[PDB]
Amino acid sequence: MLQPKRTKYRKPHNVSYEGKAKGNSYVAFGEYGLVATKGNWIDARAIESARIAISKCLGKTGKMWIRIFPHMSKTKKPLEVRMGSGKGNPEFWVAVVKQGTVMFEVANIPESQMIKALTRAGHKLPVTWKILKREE
Amino acid sequence: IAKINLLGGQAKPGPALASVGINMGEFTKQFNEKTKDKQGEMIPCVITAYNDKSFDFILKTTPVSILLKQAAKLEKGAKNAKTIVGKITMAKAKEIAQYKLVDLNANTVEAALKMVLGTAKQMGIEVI
Amino acid sequence: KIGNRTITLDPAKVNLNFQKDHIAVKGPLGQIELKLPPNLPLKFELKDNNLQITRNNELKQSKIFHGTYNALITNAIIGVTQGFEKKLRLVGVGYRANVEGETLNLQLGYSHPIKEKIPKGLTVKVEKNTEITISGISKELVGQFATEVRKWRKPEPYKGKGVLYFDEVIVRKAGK
Amino acid sequence: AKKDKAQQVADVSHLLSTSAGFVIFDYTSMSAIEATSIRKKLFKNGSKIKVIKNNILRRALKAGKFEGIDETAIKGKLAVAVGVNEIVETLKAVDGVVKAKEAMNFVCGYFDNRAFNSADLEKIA
Amino acid sequence: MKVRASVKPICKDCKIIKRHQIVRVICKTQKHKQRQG
RNA sequence: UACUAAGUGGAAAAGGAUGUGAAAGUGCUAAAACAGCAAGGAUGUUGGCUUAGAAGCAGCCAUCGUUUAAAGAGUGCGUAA
RNA sequence: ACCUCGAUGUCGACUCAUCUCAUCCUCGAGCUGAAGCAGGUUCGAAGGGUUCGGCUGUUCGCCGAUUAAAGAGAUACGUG
Ligand SMILES: O=C(N[C@H](CO)[C@H](O)c1ccc([N+](=O)[O-])cc1)C(Cl)Cl
Ligand SMILES: [K+]
Ligand SMILES: [Mg+2]
Ligand SMILES: [Mg+2]
Ligand SMILES: [Mg+2]
Ligand SMILES: [Mg+2]
Ligand SMILES: [Mg+2]
Ligand SMILES: [Mg+2]
Ligand SMILES: [Mg+2]
Ligand SMILES: [Mg+2]
Ligand SMILES: [Mg+2]
Ligand SMILES: [Mg+2]
Ligand SMILES: [Mg+2]
Ligand SMILES: [Mg+2]
Ligand SMILES: [Mg+2]
Ligand SMILES: [Mg+2]
Ligand SMILES: [Mg+2]
Ligand SMILES: [Mg+2]
Ligand SMILES: [Mg+2]
Ligand SMILES: [Mg+2]
Ligand SMILES: [Zn+2]
């Protein structure tokens, strides 16, 4: 469960995911990457599910990079609570993924295994994923 | 056709042969008659199982890579290929090749030479 | 390709009358009739001992029709010259069949007696009680008879009991 | 590629030009153990059994200015059995082996700038 | 017969067909029959 | 002038599919292409630890080499093996 | 908090039921770690049926004895 050690403000305004791709747009650490095609809010739980799935289907020498990080938190008012009396308490942390940001990258294991590994990582995420390679 | 495992000094048993119709009791003498030159060593036999009943049999050499262990002066090879423990020269390799030329289907003797290297690589023994 | 495959036939006894929509094939055995659906996108040509089917366009159904009726003409010719046969291995503990007139009766495992009517043009013989041979001049009819005889006792996977086809292997299971 | 095929056709044509005897066989129902056994029983560098392409064999034959062998290499299974100097013992050896086999056909070959028939192969042993 | 929203071959012998404008998977092994692709 | 065969049009997602049309590249092919059919499809050996046992198809020590057109410590099934 | 505070009677029970299928029984079929009997799961199917009691206002619920079965809901949580 990825989580910032401390934050200055407990309850920040939500960060929009509509728009193009700001940073993390091109594979620059590995050479295959899982790009997104639909901006959405994805939480640290989905990262851990996808990262554990990919790691289980990885090998003994493969190496991985995690680009996105859940910096921003989100709140949720408790159930059966009527409107008013202030904002709710922070519940879960979500990373803002825009259309075009490379989320996961893999290297150092043959080609066939990485496509399968990226596939299982993207089936754990709500965004519509697509595979990209690193420019020579 | 059956490749059956029988000890050189003890080959009278074996029920599987009886299923094909082989005359087991008459043929026991033939099995034991031509293996006394290699007593104690385990020698499998190939049997031309068929209905002619004149079952021609051929003996067979003990499996390889046990003489590699004897020549390397070690009982069991390394459990990792990278760690090299045993060393074998060309003279010990060539004695095995001319010994094992009978069972091998190679035309030349250098082909049998590089069989020793081939099985030594599996054992991890350096070819010096 | 099936459409562009030769259909070399000897003129010894097999003739093929091509009407508008009524193909007639006559030979050693009975005559086989094939109906042509209207507006068929494929024209036959009748040279000496060679029939060639050609098409007018590159449509999907045009290609599909060109292949299917070449096979049908091949199948019709083969049945007229030498016929078709199917072999059924009826195997079991008390299973046996025999033929009386036009009805083939079986006693597989059923309290109610089993009778089966034989259609026209097909002859079924029973040399041995465990054996049935269906011989005919139309492939689909003998196939329909074979499968409709089978439907009474489909071969089960635990033992060999059933109306098996010949040289047909079934996956075995061990019901301890 | 084309250059390798050109090199291949040239060398086989040269080999059949400098040779003296040829016989064609089929590859129907004999084991690889048996195939290795035939190699050791010949043991002569003049005698050589080889799988050749049907197309490459005819094209090398055109370059060899020979004739009449075409009927052998048509709709058939083709072997090449080249013999240098003496070929009768090779033919005798292969004839003994096919008798030891289960089934075998045997197609006409070429020797001494002359061609033979199937029965002529029976007496060439 | 197995009804699934997604159908994919299980073993290399499984073959995809289109019957009655519905995609099914047929194979020698009857345990690998899928539908509703 | 093309496209659709779904009444789609005339409501929907993650996911799945030899539906079909267009385009841009690349491999082989009348020195014969692909599928299918007919043949072979190997030897040391069943390598060795290992496992009651595995030895073409348990985990391994790895992931051999020759003959040869081809052949794999095997493609599965399968055999206690 | 959009209709109704110049009035829309709100639980349960009784009577009468009707409709939907995400089917409890009956009907058909595929797979099974389906020998047979009895099962499990999925698919198709709404024509009919779907019990009586003890305690509690009770819906619910537990228990008793049967049944092929004692289905899930909607209809102003149907119906003064
Ligand atoms: O006033 C009545 N019913 C009102 C009409 O405005 C309304 O139907 C109503 C019914 C039930 C209710 N309740 O259960 O609290 C409240 C309002 C009746 Cl008491 Cl006459
Ligand atoms: K009111
Ligand atoms: Mg519509
Ligand atoms: Mg598709
Ligand atoms: Mg397309
Ligand atoms: Mg309010
Ligand atoms: Mg308001
Ligand atoms: Mg109102
Ligand atoms: Mg009023
Ligand atoms: Mg009133
Ligand atoms: Mg239903
Ligand atoms: Mg009715
Ligand atoms: Mg009382
Ligand atoms: Mg309600
Ligand atoms: Mg009410
Ligand atoms: Mg109610
Ligand atoms: Mg309520
Ligand atoms: Mg009323
Ligand atoms: Mg009332
Ligand atoms: Mg009243
Ligand atoms: Zn399958």
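Naming: A, B, ... by sequence-line order, numbering from 1 per chain. Only a part of the entry is shown; contacts are counted within it. For ligands, and for the atoms within them, numbers begin at 1 and follow the listed sequence.
What binds ligand 1 most in this entry is, by the naming of the PDB entry, 23S ribosomal RNA. This structure shows the drug at ligand 1 to be chloramphenicol. Other chains in heavy-atom contact with chloramphenicol (ligand 1) below 4.0 Å, by letter: G.
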